[PDB]
Amino acid sequence: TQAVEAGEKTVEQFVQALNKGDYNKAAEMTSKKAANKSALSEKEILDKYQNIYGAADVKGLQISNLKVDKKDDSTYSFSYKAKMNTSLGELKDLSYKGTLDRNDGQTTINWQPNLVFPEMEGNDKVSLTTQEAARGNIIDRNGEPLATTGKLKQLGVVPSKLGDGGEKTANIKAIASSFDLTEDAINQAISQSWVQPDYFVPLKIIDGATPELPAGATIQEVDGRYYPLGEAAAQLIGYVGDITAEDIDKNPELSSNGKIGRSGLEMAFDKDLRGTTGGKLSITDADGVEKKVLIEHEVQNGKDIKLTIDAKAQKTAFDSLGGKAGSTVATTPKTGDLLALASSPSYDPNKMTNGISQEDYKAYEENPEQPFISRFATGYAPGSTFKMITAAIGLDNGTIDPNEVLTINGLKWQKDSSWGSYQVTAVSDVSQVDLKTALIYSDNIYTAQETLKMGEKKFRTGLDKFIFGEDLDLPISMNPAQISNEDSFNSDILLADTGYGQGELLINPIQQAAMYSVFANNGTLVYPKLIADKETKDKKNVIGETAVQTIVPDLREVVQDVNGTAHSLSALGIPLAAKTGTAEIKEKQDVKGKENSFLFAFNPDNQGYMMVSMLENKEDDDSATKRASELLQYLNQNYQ
Ligand SMILES: *C(=O)[C@@H](NC(=O)Cc1ccccc1)[C@@H]1N[C@@H](C(=O)O)C(C)(C)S1
């Protein structure tokens, strides 16, 4: 019995050393190379475990149902079920047999070929044939392609088959003249540090007919991932990259020759898009004739992914940002379909996945405007657009009378002398300010006074009915919106700032589109949705229908009133309700404060579309409002 317990520890450590990928430590727990003992030496056990388990990408060996007893004076038998992960799938239900040995005080494993796979005998080999799975496509709500896979002919020259003296110069000139490439660039590539005589130095990417090939040039067809919208959806869609040996160690079910999603939806839906590797893992005899099969799946290509995105709206939303720092979110607010998720500046995903120079990659990473950031998922202070939420809360809890006219003297205001030098500031000197006026001119003082009058308790009570702190059900990495840093403002100043969208508020554009959706659904919050087939989910009674019917007519006046901050959008001649905002930020360099321009706009007649556009670190006279004319026209015509 005391010996049977030591054997269950030996089988445990032997399996553990195999599981931990240390095939040498497991080899030293075996007996000597002899009959009725170990079949091979230790160096041959290492090389057999390394060759076979390495070829099958064997990872995560775990056993169960261990049964160890006694067979003779020095012989102990052991059995167990086992399972392991391979590049083909899960290899479960493995009945392992063996015998232990107690020669001195230690117990060793009489190693046999049946301890690599159950039915191996003598000089049996292992064979693995695999078929790569085609990565699925990504498409928009109307079927247009967003990310597809295909073949790409790649021109390239062989330095050895190019020439010696003069003939190499002649072949370079013929390759240059027959492929439209400068002669100074062909020599710059074939002379790089990595190049060797008999290598394949790629040049151009043939996108049409293959022309006449001079001496030295040769086309090598390769697989590529194409992105039709390109940079206009690079943050959302992401890009794929060549699978590395580290990736295979983490998930053996990958193809060491395929691509893996690195960011965005390409990485988010990597499992669904990449498919499953097909093939067969068999045990052959000593000559290569197949005996027993261990795994066999057929190649199953990846699934396609259909998004709520509109390819036209996505490209228009991105183009309207003119390459400046910003982002635009367009939805159908009654269902939550995300029509566009643009971020700017961006990077070339085609260039990123189909070969990018190391200089260009550093440009993308050293760019201060940071093109790799998904700005529709970055938290910001919403600014003056947030007054709609504060107003709706003040109307619901009976704090704001729409017709009551506050008197506001001057452009500065503070509650009392305890505020020191801090004062809420108004841009327009309007003395008689009611709710409709405060939304048209965007008056901070009215909002600050009504927030302080409301109280912190009643303010948060209305705020907590929204999606602050919630994690949206979206395949986009994202932080939840927050009201402040802590559960209490503990400051009348901070309570006031939060009233008109400043303070410690952090709400990303997508979360803003979800929160502002209440004004298109009579106070019901409709959650955003990116997968076209998902079910619409909502959250009712977030604000009162009374507040919606009061505020939306005022938001029409933000566009229609001649002093409205969005009056430039009345040139469209379409039903629009809007609210602009400009948030000031002092979290970069103290040399100068930076401003973020915002625009919220939806159709108040049919509620077909909703838009939340942003400009980060805006230039002067530049706003989100002056750029939104084109996207609004498209959404108004195509989403009624
Ligand atoms: C809301 O965001 C308000 N903004 C400020 O009080 C800060 C600010 C920023 C730049 C210049 C002056 C003041 C108001 N809303 C914006 C807007 O709707 O664009 C105004 C510029 C009207 S102030």
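The chain is numbered in sequence order, starting from 1. Counting convention: from 1, in listed order, for ligands and their atoms alike. Header says: X-ray crystallography, 3.1 Å. All values below were derived from every heavy atom in this structure, side-chain atoms included, with hydrogens, water molecules and symmetry-related copies excluded.
Here the macromolecule with the greatest number of atom pairs within 4.5 Å of ligand 1 is listed in the PDB entry as Penicillin binding protein 5. Found at ligand 1 is the drug benzylpenicillin (bound form). Around benzylpenicillin (bound form), within 4.0 Å by heavy-atom distance, are found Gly383, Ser384, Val427, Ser442, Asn444, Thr580, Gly581, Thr582, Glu584, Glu595. In the deposited model, the covalent adduct of benzylpenicillin (bound form) forms at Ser384 OG.
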